[PDB]
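So, a structure with ARGX-117 in it.
The alphabet sets the chain names here, A first, running in the order the sequence lines are given. We number chain A the same way the PDB entry does; the residues here are 3-127, in that order. Since chain B takes its numbers from the PDB entry, the residues it shows come out as 1-219. Here chain C follows the PDB entry for its numbers: 1-218, in order, are the residues you see. Using the PDB entry numbers, chain D covers 51-61, 83-209, in order. Values below: every heavy atom of this structure, side chains too, minus hydrogens, waters and symmetry copies.
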Amino acid sequence: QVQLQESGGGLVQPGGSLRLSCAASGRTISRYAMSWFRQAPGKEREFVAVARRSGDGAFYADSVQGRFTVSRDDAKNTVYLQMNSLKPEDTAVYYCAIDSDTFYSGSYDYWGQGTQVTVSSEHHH
Amino acid sequence: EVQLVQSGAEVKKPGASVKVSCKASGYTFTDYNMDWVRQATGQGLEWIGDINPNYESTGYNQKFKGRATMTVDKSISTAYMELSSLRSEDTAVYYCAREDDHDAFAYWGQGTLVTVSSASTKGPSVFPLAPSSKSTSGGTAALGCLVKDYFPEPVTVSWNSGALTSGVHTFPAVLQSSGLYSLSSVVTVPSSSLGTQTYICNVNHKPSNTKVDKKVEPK
Amino acid sequence: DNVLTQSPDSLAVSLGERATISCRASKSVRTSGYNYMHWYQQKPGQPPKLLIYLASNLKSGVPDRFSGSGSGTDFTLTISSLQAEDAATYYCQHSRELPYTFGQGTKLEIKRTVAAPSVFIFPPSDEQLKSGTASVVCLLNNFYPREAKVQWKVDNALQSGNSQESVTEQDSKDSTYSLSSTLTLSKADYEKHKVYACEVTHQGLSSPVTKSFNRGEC
Amino acid sequence: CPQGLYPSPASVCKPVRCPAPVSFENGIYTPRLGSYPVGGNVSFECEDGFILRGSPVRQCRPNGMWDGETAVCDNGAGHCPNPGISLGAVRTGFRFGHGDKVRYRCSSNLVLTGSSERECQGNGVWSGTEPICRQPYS
Ligand SMILES: *[C@@H]1O[C@H](CO[C@@H]2O[C@@H](C)[C@@H](O)[C@@H](O)[C@@H]2O)[C@@H](O)[C@H](O)[C@H]1NC(C)=O
Ligand SMILES: [Ca+2]
Ligand SMILES: [Cl-]
């Protein structure tokens, strides 16, 4: 029974940068890949990035390659998503999920409730 | 300019013996040992032993328990490896390999497949993997051939006598519990071609001297 | 015997970037001022090719983006700028004593973006069914990375022990993989059931996807 | 041919090579090659319980001969020392008590120089001299 909690959402302007964090409790996640997904309203949930075990690499979706970076702090039981060069189409609820399969087949059995990222000029002066 | 040329593939029952040859050219044969190395398919490399052609003296990996015997014929610049009391776990590609002055394997034969199994040589049955709405995505459709129940490896699969190459995926064979191999070859084509264009998979199994052409068409 | 352990067992590197592979020997391979460790490249269908001898010396004709370092029990092979022709399995080998032994191999592949599989399914042919056997084939096309799970269901009952799967090598054009899973049943079992399905899991999928057919058009 | 090469005819000039050990009892040698280049070295090591006598590292010289003294791993339980096996030679006899003999022969096409047979004398010494296998050339 793993519990995940995302944080770091907020309002950011186009071209801006933002860092999300996903903290795990109830299990050490160092053995497991951790993935980020996102869901915009009226669209299906989209893969963003995966941080495999330290030394096994990070992999990205085409839509975010070059702009987003996933990393992990195994001591803190936390994974991160650094986002740069943000676009309005990046507006979404961002979710983290743990891959229960240590052989990396993508058995995503536990998910966080998500954190909202809104890319907009409306609240920046 | 150095070349090591090995004898061809072998198929053996358990308990039998096999003798692989390795013809050397392009250097003075007695300047160097000849070594033998094997590799089980998908697995790592295992040194078997060596022979000094000057003396016909030998060294062996103890793990082979004296089952391996190496000899040479200096008059034809050929080394031989004989492995007796064969087991299924001796199924592998066998290489002759020649050291350089740093004791690294600078030169390698092409490899010799030795298959050890109670199975007997048998050509494949070839069945169509018909295109349908369940193999369609966008304007493209997948179709294929299932090449089932042959022994030993290998089989070669072509499409339209080699006239079709783009989009082909021929999968590695799997060994079934029967001791016979099976593989599939698939190809992605335009959905609009399926009414006008014929698709034929050409299967060649040289160990049984079998050739089978199967026309794959929609259901 | 000296045991050579390579790490990682596999790695994905982007074109142009540095790739580093390690080899740790259980016993030192250093004697007489030389490190008797050598590195090889192997591609499918070919014997290994010597790249580096005595830990750090490039064999003639090998590109100089390859280099080796280390001494004693610790060694590394480095490709300073990965090129498409460098995708291969790499092996270390010692020549300190007999038996000569090799590392287990490190598979170096080309990194690309994640791609979830396209999933297709094929019923058995009528010709095969006449012979008493039914093979049902599930095809996962053009996905990345390689790791995936296929599970078969027959009339919504999970299957086990009656399927085998096989994966291609990385595609030369788009650097993806494809996978086939084959479910084998008797004719009698195939004709007793209606719905044949393969469920597919992959790190690029938020939920498993299922592809299925209903025996006899529908 | 110049130094370090020998003619294929009596007169292409092929490189000289020093002979490898036919065997090396109760030890190993590194690198383990079929023959050795001029300037190359071979290093000898003994198993547990044995004494390494002779030269532990030997270099191949331009006339096809090794420098130093023949290496041997000798446990020491004999009236005479282990006489060893000169590189290129074969030795029959695995006893070194008083009166026991050993016979030598050069394998391949090497030329034997020295005593083909030796006897373990009473004072803990081998009779005659040590055979040395020369290349046919030079
Ligand atoms: C062979 O050895 C010659 C003598 O060098 C000594 O022995 C070697 C084994 C090392 O321990 C070295 O440090 C010693 O000084 C060398 O002059 C000669 O170059 C060596 N040949 C090689 C290494 O190919
Ligand atoms: Ca060698
Ligand atoms: Cl990593």
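- Lab note - all copies counted, ARGX-117 located at chains B and C.
- Going by UniProt, the chain with the most contacts to ARGX-117 (chains B and C) here is Complement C2a.
- Heavy-atom contacts below 4.5 Å between ARGX-117 (chains B and C) and other chains occur for A, D.
- Annotation: maximal heavy-atom pairing with chain B (ARGX-117) below 4.5 Å, among D:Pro90, D:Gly159, D:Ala91, D:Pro86, occurs at D:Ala91.
- For a residue to count as touching a neighbouring chain, one of its non-hydrogen atoms must lie under 4.5 Å from one of that chain's; by this rule B:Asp100 touches chain D with the backbone only.
- In ARGX-117 (chains B and C), the chain forming the most non-hydrogen atom pairs below 4.5 Å with chain D is chain B.
- Formally, the PDB entry designates chain A as nanobody specific for kappa light chain of Fab.
- Lab note: most residues of chain D in contact with ARGX-117 (chains B and C) fall in UniProt domain Sushi 2.
- The part of D:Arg88 that comes within reach of chain B (ARGX-117) is its side chain, from C-beta onward, which places non-hydrogen atoms under 4.5 angstrom from that chain.
- Of all the listed residues (B:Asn54, B:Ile51, B:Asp35, B:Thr30), the one sharing the greatest number of non-hydrogen pairs under 4.5 Å with chain D is B:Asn54.
- Looking at B:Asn52, the atoms closer than 4.5 Å to chain D (heavy atoms on both sides) all sit in the side chain, from C-beta outward.
- In this structure, the epitope of ARGX-117 (chains B and C) on chain D at a heavy-atom cut-off of 4.5 Å takes in D:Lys85, D:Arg88, D:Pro90, D:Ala91, D:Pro92, D:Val93, D:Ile99, D:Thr101, D:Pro102, D:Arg103, D:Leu104, D:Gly105, D:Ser106, D:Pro108, D:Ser114, D:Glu116, D:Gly159, D:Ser178, D:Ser179, D:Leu181.
- At 4.5 Å, heavy-atom based, the residues of ARGX-117 (chains B and C) that reach chain D are B:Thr28, B:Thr30, B:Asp31, B:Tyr32, B:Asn33, B:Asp50, B:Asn52, B:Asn54, B:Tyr55, B:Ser57, B:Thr58, B:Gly59, B:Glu99, B:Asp100, B:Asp101, B:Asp103, C:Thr31, C:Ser32, C:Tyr36, C:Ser95, C:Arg96, C:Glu97, C:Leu98, C:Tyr100.
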